[PDB]
Amino acid sequence: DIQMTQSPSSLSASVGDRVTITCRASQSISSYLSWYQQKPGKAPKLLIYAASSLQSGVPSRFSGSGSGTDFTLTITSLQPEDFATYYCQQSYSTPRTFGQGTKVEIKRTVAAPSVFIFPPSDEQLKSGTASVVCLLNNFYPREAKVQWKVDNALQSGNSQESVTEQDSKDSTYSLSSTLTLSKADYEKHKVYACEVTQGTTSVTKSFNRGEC
Amino acid sequence: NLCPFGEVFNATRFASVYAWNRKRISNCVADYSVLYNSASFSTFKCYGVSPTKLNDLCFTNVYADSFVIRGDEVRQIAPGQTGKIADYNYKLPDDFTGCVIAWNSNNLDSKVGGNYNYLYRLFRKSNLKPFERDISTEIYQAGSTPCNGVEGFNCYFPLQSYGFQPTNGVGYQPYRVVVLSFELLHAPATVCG
Amino acid sequence: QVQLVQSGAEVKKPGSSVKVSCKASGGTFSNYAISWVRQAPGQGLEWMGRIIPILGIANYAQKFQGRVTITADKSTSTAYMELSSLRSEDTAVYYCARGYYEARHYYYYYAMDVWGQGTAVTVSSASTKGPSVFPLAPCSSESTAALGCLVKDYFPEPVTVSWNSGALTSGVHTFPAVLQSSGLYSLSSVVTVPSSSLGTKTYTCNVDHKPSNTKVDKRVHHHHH
């Protein structure tokens, strides 16, 4: 089996930029190399085949090159419609393995999240479950570490999170994390806190169950 | 009973060349001269016999082989020939005794956008023996690395469609081909001129 | 302008089989191979196998051999992918795609040029269930307030969320669902507003769960009660 490793995993760029994405194969694959574009909720689309040939009707700001193991996709004058995920695929031999993909994101200035913490509603508690929710609103860049602390004890394995796509207006991300406990476990503790870490800064928002 | 010849020449469906169709002509009145003036044939050539001197001969069996190829490949349906069709599809022997009959079928076999129903074998490890038929669909290993049933580098799907279109040049148009081999065996003759 | 039109979304129990269709329209493709590619949620693309319709020749990636079957009906120009012994890991969007196989078109090197729209297959032992909708309200002030709704314990996807019947859109974030350990889904939808406007204004999240024919409207109280 031929392995395809794409790099970088993601990159940030501005409209007008020249962007390069590389794909390395585990062996020489001649020109059995294709590039695909995919946008959220949509089927992949062919851009380049035979490593270098522009697919009919695809904009000429896309181009491919490569030799032996190393292949590159270049987008010369990046347009809004070009922010997407890009996949390489080898068709040299079965199985026709794809690279893991490269997400092209919109560059902007750093922005601190607004951090909000939500206690479980009375209504939910009356059903025997407690969901504690942490919102990180309108932040950049995407990378953030979100941790839960209950009476200063760090939690693991009892939280899940998700992140929105880049906002259309401001190009920021928002993150929601949910800590899940039984009513009984929730009622055992006082101080509930969500900590977010980006670079050299950590911010912790909390509430006291007893208070409000 | 007259020899069922109109069944072969006027069949609605014709075989792909790689999967060429054989019909055995049994004990019947073989009238060869009427056939030669039955339609406008682009090709009527015989090998060791005349169209008129056949009407004074007897054979054990007549075999009628039928298929479709493109116009510029008809030349290949002859003893001593080479090319994809003669090498890998349909081979006539060196000492062939029969006729080769062909006609343009562009009115019938060409579809708009292409008729991709007709196939020929592009690759084979060796040439066919006379009257050999190969219907296998094994991926052709041109490399040293094995093909795991999937086309790729050095691993080629062995068949290709003609894709006959009406606007195609004369050389690329479909032609229906009937080959009549004449057999003699140590058994009573059945088909007679 | 050949399109490939796939069958609708499917929910399936572990151990069962799914059969997905792929119909050529604005054409009757007979010069082409039909590949199947799948994409698990949040993950990459994975080639499953291909059929050569003309001769009904089908081959599969080692990973799927024994469980997958690709067929093609020549008259309808319809290809089918059947996957059996379904597991929750088989939850993915399944794509059919048209590509080349013939020496004439060698210069494509088997690239896939036209793709179907995809078929969402969900594999789970869970039953259809409408969501519970709970308020998200702070333990209360700042200049900015956040309110929202937690849409918990529903199956299957998707839910849609609006605010004030679509009249409040700015400051709204509706998050991707997460799949809980229970096999039920959960999402949050939030809005940010000035603290001043919390006085008169009301905030209602409108949750639509078509798979269970349930709609829930939830008035979000300004502060935690």
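Chain letters run A, B, ... following the sequence lines, proteins first and then strands; every chain starts at 1.
For chains A and C, the recorded drug is LY-CoV555.
Lab note: main contact partner of LY-CoV555 (name per UniProt) = Spike protein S1. Most residues around LY-CoV555 in chain B come from the UniProt domain BetaCoV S1-CTD. The source species given by the entry for chain B is Severe acute respiratory syndrome coronavirus 2. Heavy-atom pairs under 4.5 Å between chain B and LY-CoV555 are most numerous for chain C.
With heavy atoms closer than 4.5 Å counted as contacts, the residues of chain B facing LY-CoV555 are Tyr18(B), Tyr116(B), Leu119(B), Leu122(B), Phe123(B), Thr137(B), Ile139(B), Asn148(B), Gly149(B), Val150(B), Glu151(B), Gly152(B), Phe153(B), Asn154(B), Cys155(B), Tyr156(B), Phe157(B), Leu159(B), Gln160(B), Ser161(B). The paratope of LY-CoV555 against chain B, defined by heavy atoms under 4.5 Å, contains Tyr32(A), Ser91(A), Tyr92(A), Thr94(A), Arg96(A), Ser30(C), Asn31(C), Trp47(C), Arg50(C), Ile52(C), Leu55(C), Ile57(C), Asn59(C), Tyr101(C), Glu102(C), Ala103(C), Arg104(C), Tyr110(C).
PDB entry name of chain C: LY-CoV555 Fab heavy chain.
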